[PDB]
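POL polyprotein, liganded with darunavir.
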2 protein chains.
Amino acid sequence: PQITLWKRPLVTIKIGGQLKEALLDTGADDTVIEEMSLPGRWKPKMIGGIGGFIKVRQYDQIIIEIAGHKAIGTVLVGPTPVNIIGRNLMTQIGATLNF
Amino acid sequence: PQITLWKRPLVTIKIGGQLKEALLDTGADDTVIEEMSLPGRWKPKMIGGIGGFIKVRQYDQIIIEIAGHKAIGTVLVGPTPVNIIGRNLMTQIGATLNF
Ligand SMILES: CC(C)CN(C[C@@H](O)[C@H](Cc1ccccc1)NC(=O)O[C@H]1CO[C@H]2OCC[C@H]21)S(=O)(=O)c1ccc(N)cc1
Ligand SMILES: [Cl-]
Ligand SMILES: [Cl-]
Ligand code: NA
């Protein structure tokens, strides 16, 4: 699609067998999801934004379906106030900003 | 232009006669820039990101060039780690997300 920015660019994702809503966020380097279980190994990470840092679990090689488009990559899991799809996965679905 | 997301989508802005770099950020409702002087009165605002909230100064009807496009609108000033152009001004320059 072409998604205008009058409202938050929310999309449906599928991750870990679960359907969720997430924000397409060009200002996020990494994808960060609210607490949930994911399979395999993880390692701890700190990520920072406005407000400061939160501690997250970094899971690699996670498949996510984003608006119907499959992508694989790193997913960070932790106490984010919103599920955010970052550039690491947006590149994989061919997302661009146009003006 | 068409901006891919392999790198941070940084653009040049001009505000108060000064060039700055800023991030086109679809996950930001609001434009928030690092401390600087702007004309007129400001109003209080709290914004919440990853990390928690911060207090900012809200300036309305500020003239700002973004990647060579004129916008006039609300600019928040506060301790953001990076200058961020949010949806409020990205809509003024006609930006969309496409995939
Ligand atoms: C501040 C940016 C440089 C970085 N952020 C992404 C940004 O899009 C967040 C993403 C976001 C969105 C909602 C809540 C928390 C974080 N937006 C944000 O803080 O926007 C604030 C300004 O406008 C407001 O509208 C949204 C909250 C306000 S971040 O959420 O801190 C972040 C940092 C690292 C990663 N990997 C992923 C996300
Ligand atoms: Cl990745
Ligand atoms: Cl590409
Ligand atoms: Na893994």
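Chain letters run alphabetically, one per sequence line, in listed order. Chain A uses the PDB entry numbers throughout; the residues present, in order, are 1-99. Per the PDB entry, chain B residues shown: 101-199, in order. Note that these values count all heavy atoms, side chains included, but never hydrogens, waters or copies made by symmetry. Remember, it's 1-based here, ligands and their atoms both numbered in the order they're listed. So how was this one determined? The header says X-ray crystallography, 1.2 Å.
Lab note - all copies counted, darunavir located at ligand 1.
Under a 4.0 Å heavy-atom cut-off, the other chains found next to darunavir (ligand 1) are A, B. Counting heavy atoms under 4.0 Å, the binding site of darunavir (ligand 1) comprises A:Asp25, A:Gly27, A:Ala28, A:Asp30, A:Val32, A:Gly48, A:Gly49, A:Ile50, A:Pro81, A:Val82, A:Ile84, B:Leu123, B:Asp125, B:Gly127, B:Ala128, B:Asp129, B:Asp130, B:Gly148, B:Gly149, B:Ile150, B:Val182. Interface atoms of darunavir (ligand 1) facing B:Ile150, defined by a heavy-atom separation under 4.0 Å, are 15 (C), 16 (C), 29 (S), 30 (O), 31 (O), 32 (C), 38 (C). Looking at darunavir (ligand 1), you'll find an N or O of A:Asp30 within less than 3.5 Å of one of its N or O atoms.
For atom 26 (C) of darunavir (ligand 1), the nearest non-hydrogen atom of the protein is B:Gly127 O, 3.6 Å. Of the protein's non-hydrogen atoms, the one nearest atom 10 (C) of darunavir (ligand 1) is A:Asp25 OD2, 3.1 Å.
Per-residue contacts place B:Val182 under 4.0 angstrom from the following atoms of darunavir (ligand 1) (heavy atoms of the residue considered): 3 (C). In the vicinity of B:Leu123, heavy-atom distances shorter than 4.0 Å reach the darunavir (ligand 1) atoms 3 (C). Distance from atom 20 (O) of darunavir (ligand 1) to its nearest protein heavy atom, with residue and atom name: B:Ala128 CA, 3.6 Å. Atom numbering of darunavir (ligand 1) starts at 1 in the shown order; those under 4.0 Å from a heavy atom of A:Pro81 are 14 (C), 15 (C). Taking only nitrogen or oxygen atoms, main chain and side chain alike, B:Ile147 does not reach within less than 3.5 Å of darunavir (ligand 1). With respect to atom 27 (C) of darunavir (ligand 1), the closest heavy atom belonging to the protein is B:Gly148 O, 2.8 Å. In the PDB entry, the organism given for chain B is Human immunodeficiency virus 1.
Darunavir (ligand 1) has a nitrogen or oxygen under 3.5 angstrom from a nitrogen or oxygen of B:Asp129.
Near A:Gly49, the atoms of darunavir (ligand 1) lying under 4.0 angstrom from a non-hydrogen atom of the residue are 31 (O).
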Pairs under 3.5 Å, nitrogen or oxygen of darunavir (ligand 1) with protein nitrogen or oxygen:
residue	atom	partner	partner atom	Å
darunavir (ligand 1)	8 (O)	A:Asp25	OD1	2.6
darunavir (ligand 1)	8 (O)	A:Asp25	OD2	2.5
darunavir (ligand 1)	8 (O)	B:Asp125	OD1	2.8
darunavir (ligand 1)	8 (O)	B:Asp125	OD2	3.2
darunavir (ligand 1)	17 (N)	B:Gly127	O	3.2
darunavir (ligand 1)	23 (O)	B:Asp129	N	3.1
darunavir (ligand 1)	23 (O)	B:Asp130	N	3.3
darunavir (ligand 1)	25 (O)	B:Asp129	N	2.9
darunavir (ligand 1)	25 (O)	B:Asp129	OD2	3.2
darunavir (ligand 1)	36 (N)	A:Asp30	N	3.1
darunavir (ligand 1)	36 (N)	A:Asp30	O	3.4
darunavir (ligand 1)	36 (N)	A:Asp30	OD2	2.9

